[PDB]
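Structure of interest - contains suvorexant.
Start at 1 with the first residue, then count along the sequence. When a ligand or atom number is given, it counts from 1 through the structure's own listing order. Excluded from the calculations below are hydrogen atoms, water molecules and symmetry mates; all remaining heavy atoms, backbone and side chain alike, are included.
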Amino acid sequence: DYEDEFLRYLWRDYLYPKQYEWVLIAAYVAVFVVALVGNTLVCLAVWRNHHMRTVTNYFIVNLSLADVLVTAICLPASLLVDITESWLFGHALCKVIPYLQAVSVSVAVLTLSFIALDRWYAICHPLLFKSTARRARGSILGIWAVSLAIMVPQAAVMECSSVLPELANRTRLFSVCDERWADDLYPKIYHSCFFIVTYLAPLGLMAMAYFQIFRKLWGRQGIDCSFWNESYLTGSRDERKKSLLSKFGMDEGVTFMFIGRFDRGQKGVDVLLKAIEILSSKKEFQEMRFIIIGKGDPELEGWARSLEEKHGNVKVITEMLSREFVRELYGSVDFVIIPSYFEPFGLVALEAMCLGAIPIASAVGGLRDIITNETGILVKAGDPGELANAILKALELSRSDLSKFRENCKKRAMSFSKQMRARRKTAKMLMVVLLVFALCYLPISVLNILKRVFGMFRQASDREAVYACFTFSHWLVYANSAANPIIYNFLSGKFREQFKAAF
Ligand SMILES: Cc1ccc(-n2nccn2)c(C(=O)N2CCN(c3nc4cc(Cl)ccc4o3)CC[C@H]2C)c1
C-alpha cells in the first residue's frame with residue numbers, strides 16, 4: 001500500500017558518495033574550456049579573414065556557435081544535475097535548458113547536412129553547383145528557424161517536480177527536472193521522432209552523400225608535380241624533339257606519341273592505328289611523326305610493327321622504359337594522343353601536360369574534366385576518323401608558335417591536380433567530423449530510445465550503473481563540441497594557420 005511512500009520517507013537523506021566525481025568535474029571543465037576557446041577561435045578565424053569566408057566555413061561557424069550555446073548554457077547544468085542528482089535551477093530554466101539543448105543538436109545536425117549537401121553538389125554534380133554566401137547566410141537562418149520551431153513540444157512537456165505525485169506531504173530535499181506527458185503514445189512517438197530527425201535520417205543521408213563523394217574522389221590524389229616538370233630536361237624543346245626523332249632514325253616533323261596498354265576497348269590504341277591507316281594517304285602525312293609506345297595484345301603489337309615497317313615516320317616501342325625517360329618523351333614530342341574508351345583518371349594527360357605535351361584525347365571520363373578549351377583537342381571516343389581529323393588540326397596548329405598552348409597545358413594540369421588534392425583533404429576532414437559526431441551522439445541516443453520508447457530503466461537496483469551510463473553519454477555529447485575545433489586544427493591547413501596566428 002504505502003511502500004514507495006514509506007521507503008522514500010526513510011531513504012530521503014541517503015546520499016551515496018560517488019567514488020569518481022573529481023574526474024567527472026575535471027572532464028567537464030576540460031571540455032568546457034576547450035570547446036569555448038576552440039569554437040571561438042573557429043569563429044574568429046573565419047569571420048576575420050577573407051580567404052576563409054567560404055560557404056563550408058560559414059556552416060562550420062554555425063556549427064561552432066551551436067556548440068558554444070550548448071557549452072555555455074547546458075554543459076554546466078548537465079554537470080550539476082549529473083553530479084548532485086538534482087535540479088538547482090528555476091522552473092523556467094527547466095524548460096529552457098533542455099529546449100536549447102534539443103534545438104542546438106538540431107542546428108548542429110542540419111548544419112552538417114547542408115555541408116554534406118553542398119559538397120555533394122560541388123563534387124558529384126558540378127554543373128548544378130550553386131553556392132553563394134547569400135544562400136548560406138539565409139539557409140542558416142532557416143536551420144535556426146526550423147530548429148526553434150520543432151523543439152517547442154520538448155520545452156512544453158518539461159516540468160520540475162520532486163516528491164511522488166498525489167501525495168499530501170510535499171516535503172522534499174531536492175527537486176528534479178524531467179518530462180511530463182499525458183498519453184503514453186506521446187513520449188514514445190516524440191522520442192522516436194527525435195532520434196529519427198536529429199540523428200537517423202540526416203546521418204543516413206550524409207552517409208549516402210559522402211559515399212558518393214568518396215566514390216567520385218577515390219584514386220584521384222593527383223601527380224607528383226615535383227617529378228613531372230620540364231626543369232629536369234636540358235636544352236630547348238625543339239632540339240630535344242630533333243634529338244628524339246633522329247635517335248629513332250626519323251627526321252624533324254610534328255611528333256605525336258601514344259603511351260599505354262595495347263588493349264581492345266580500353267586505351268584505344270586500335271583507334272590510333274586505324275587513324276594512322278586513314279592518314280596513310282593525304283599530303284599531310286609526311287609532315288607527321290608517330291611514336292607508339294606500349295605493350296599488350298600480340299595482334300595489336302603486330303598491327304603496330306607493320307606500320308613501323310611500312311611508314312618511315314612511325315616508331316613502335318614495346319621496350320620497358322623508365323619514368324625519367326617517359327618524362328623526357330613528354331617534354332620532347334609535340335602532341336600526345338590518348339584515344340581511351342572510358343579513362344577515369346587521365347594521369348597521362350596530366351603528366352604529359354606538365355611537360356608541355358599537348359593532349360589529343362577522347363572526350364571520356366577524367367579526360368573531359370582535365371582537357372578544357374584552349375588546352376587540348378577532344379575527340380568522340382572510338383571513331384578513328386574524328387581522331388584523324390583531330391591530328392590534322394594538330395598539324396595545322398603546329399605551323400604556329402604553340403608555346404602559349406603548352407604553357408596553358410602546364411597551368412591547367414597543375415591547377416587541376418592541386419584542386420583534386422584540396423578536394424580530397426576537405427572531404428576527409430568533413431568525413432571525420434561527421435564520424436566523430438555520430439559516435440559522440442550514439443550512446444545518448446541508444447539510451448534515450450531505450451528509456452523513452454522501448455521500456456525504461458526504472459525497476460529496483462537497476463539504476464546505479466544506468467546513471468553512470470547517462471552521465472558518460474551526456475559528457476560525450478558535450479565533448480563533441482570540444483572535438484570539432486581540434487579536428488579542424490589537425491585536418492585543415494588554413495585553420496591551423498589561424499589558430500597559430502591567434503597567439
Ligand atoms: C544532458 C543531455 C545532453 C544531450 C542530450 N541529447 N540526447 C539527444 C540529443 N541531445 C540529452 C537528452 O537526453 N535529451 C536532449 C534534451 N533534453 C535535455 N535534458 C537536459 C538536462 C540538462 Cl541538465 C541539460 C540539457 C538537457 O537536455 C531532454 C530530452 C533528451 C532527448 C541530455
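Here the macromolecule bound to suvorexant with the most contacts is known in UniProt as Orexin/Hypocretin receptor type 1. The UniProt-annotated transmembrane segments of chain A (first at the N terminus) that reach under 4.0 Å from suvorexant with a heavy atom are 2, 3, 4, 5, 6, 7. With a heavy-atom cut-off of 4.0 Å, suvorexant reaches these UniProt suvorexant-binding residues of chain A: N448.
The contact residues of suvorexant, taking heavy atoms under 4.0 Å, are given as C74, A77, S78, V81, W87, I97, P98, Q101, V105, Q154, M158, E179, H191, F194, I444, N448, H474, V477, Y478.
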